[PDB]
Trainee: 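We have in hand a structure of Aminoglycoside 3'-phosphotransferase AphA1-IAB carrying kanamycin.
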Amino acid sequence: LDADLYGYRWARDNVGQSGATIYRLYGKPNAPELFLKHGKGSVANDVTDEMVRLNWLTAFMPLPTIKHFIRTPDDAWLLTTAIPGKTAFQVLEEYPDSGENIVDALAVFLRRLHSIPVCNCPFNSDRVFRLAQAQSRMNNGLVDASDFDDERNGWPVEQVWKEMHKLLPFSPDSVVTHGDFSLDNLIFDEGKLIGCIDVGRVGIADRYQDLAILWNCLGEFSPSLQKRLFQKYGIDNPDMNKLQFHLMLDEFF
Ligand SMILES: NC[C@H]1O[C@H](O[C@H]2[C@H](O)[C@@H](O[C@H]3O[C@H](CO)[C@@H](O)[C@H](N)[C@H]3O)[C@H](N)C[C@@H]2N)[C@H](O)[C@@H](O)[C@@H]1O
Ligand SMILES: O=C1c2ccccc2-c2n[nH]c3cccc1c23
């Protein structure tokens, strides 16, 4: 029973997400901050997808703990503990001189996730799977041509779709990925990167799935920081074709 919510103050958080209602639970005497995600209709499946991934990935990485999860035919409710601290973005903005330490911490953390042996992963998040989702979102008109990257702004959804297809085929690579390795999804506390959130897309895919999203986020701070991500991670010459493909695929989500 969800009655383990008494004494909490409620707030509704718009973190620019897709679908799910996120409630922040705070102000309870000597009780931790909690988050409650609610998905209605098809969004119940997205909240269900996150719950399994949190449940599985917690044996390997630092993530929010599942306190309670409820599923009924149209609704999914996900109650978790919060990861204390600030997003990597908020940290980067407040302390520009910590850029290099943050990027290094992000690359080390991403290497840890990518190092989890694939033989442990029950989720498929590969290009073929994601291209199908991208296609259903384009054909349902759910893709927002407003939130596109600068090099693609003003482009109709179908231009991105056709141009992205010219970058294929590409070399086979498979590691355990986050799916949305952005500056808003990595949590910092007292200089250290303490965990990640928004694990709904976790599964086996190409490492550029995570590398491309973070690299792009770093583009709004410095090209030297974007360069250091690949240098700390350990890639000599970043695959720009793979980088562009993953950046274009993220436009449909
Ligand atoms: N639609 C919902 C999704 O919205 C964001 O993802 C979007 C990015 O924001 C866009 O990129 C822009 O914002 C980045 C900072 O995040 C900037 O670095 C970049 N220069 C900008 O062009 C990108 N083109 C599309 C991508 N789907 C959230 O991260 C994600 O959780 C959420 O699911
Ligand atoms: O949305 C969440 C969130 C959602 C579910 C679980 C934990 C978190 C979480 N932990 N720390 C932060 C900082 C900003 C946003 C969020 C967090």
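Here the PDB entry sets the residue numbers for chain A, with the shown residues being 19-271 in order. Order of listing sets the numbers, starting from 1, for every ligand and every atom in it. Atom set for the values below is all heavy atoms of this structure, side chains included, hydrogens, waters and symmetry mates excluded.
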Trainee: Help me out: which ligand numbers or chain letters belong to kanamycin?
Mentor: ligand 1
Trainee: What residue and heavy atom of the protein are closest to atom 1 (N) of kanamycin (ligand 1), and at what distance?
Mentor: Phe271 O, 2.8 Å
Trainee: May I ask you to check if kanamycin (ligand 1) and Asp268 share an N or O to N or O distance below 3.5 Å?
Mentor: yes
Trainee: Hey, is atom 19 (C) of kanamycin (ligand 1) under 4.0 Å from any protein heavy atom?
Mentor: yes
Trainee: Taking only heavy atoms of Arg219 into account, list the atoms of kanamycin (ligand 1) that are under 4.0 Å away from them.
Mentor: 33 (O)
Trainee: Which residue and atom name correspond to the protein heavy atom nearest atom 11 (O) of kanamycin (ligand 1), and how close is it?
Mentor: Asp167 OD1, 3.3 Å
Trainee: Please confirm whether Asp165 comes within less than 3.5 Å of kanamycin (ligand 1) when only nitrogen or oxygen atoms on both sides are compared.
Mentor: yes
Trainee: Does the protein put any heavy atom within less than 4.0 Å of atom 13 (O) of kanamycin (ligand 1)?
Mentor: no
Trainee: Suppose I only count heavy atoms of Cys235 and a 4.0 Å limit; which atoms of kanamycin (ligand 1) are within that range?
Mentor: 16 (O), 18 (O)
Trainee: Going by the atom numbers of kanamycin (ligand 1), which of them fall below 4.0 Å from some non-hydrogen atom of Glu269?
Mentor: 23 (C), 24 (N), 25 (C)
Trainee: Short N/O distance, under 3.5 Å, between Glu238 and kanamycin (ligand 1)?
Mentor: yes
Trainee: Indicate yes or no: does an N/O atom of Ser200 lie under 3.5 Å from an N/O atom of kanamycin (ligand 1)?
Mentor: no
Trainee: To check your reading of the model: name the closest protein heavy atom to atom 30 (C) of kanamycin (ligand 1), its residue, and the distance in Å.
Mentor: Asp198 OD2, 3.4 Å
Trainee: Nearest to atom 32 (C) of kanamycin (ligand 1), what protein heavy atom do you find, and at what distance?
Mentor: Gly34 O, 3.9 Å
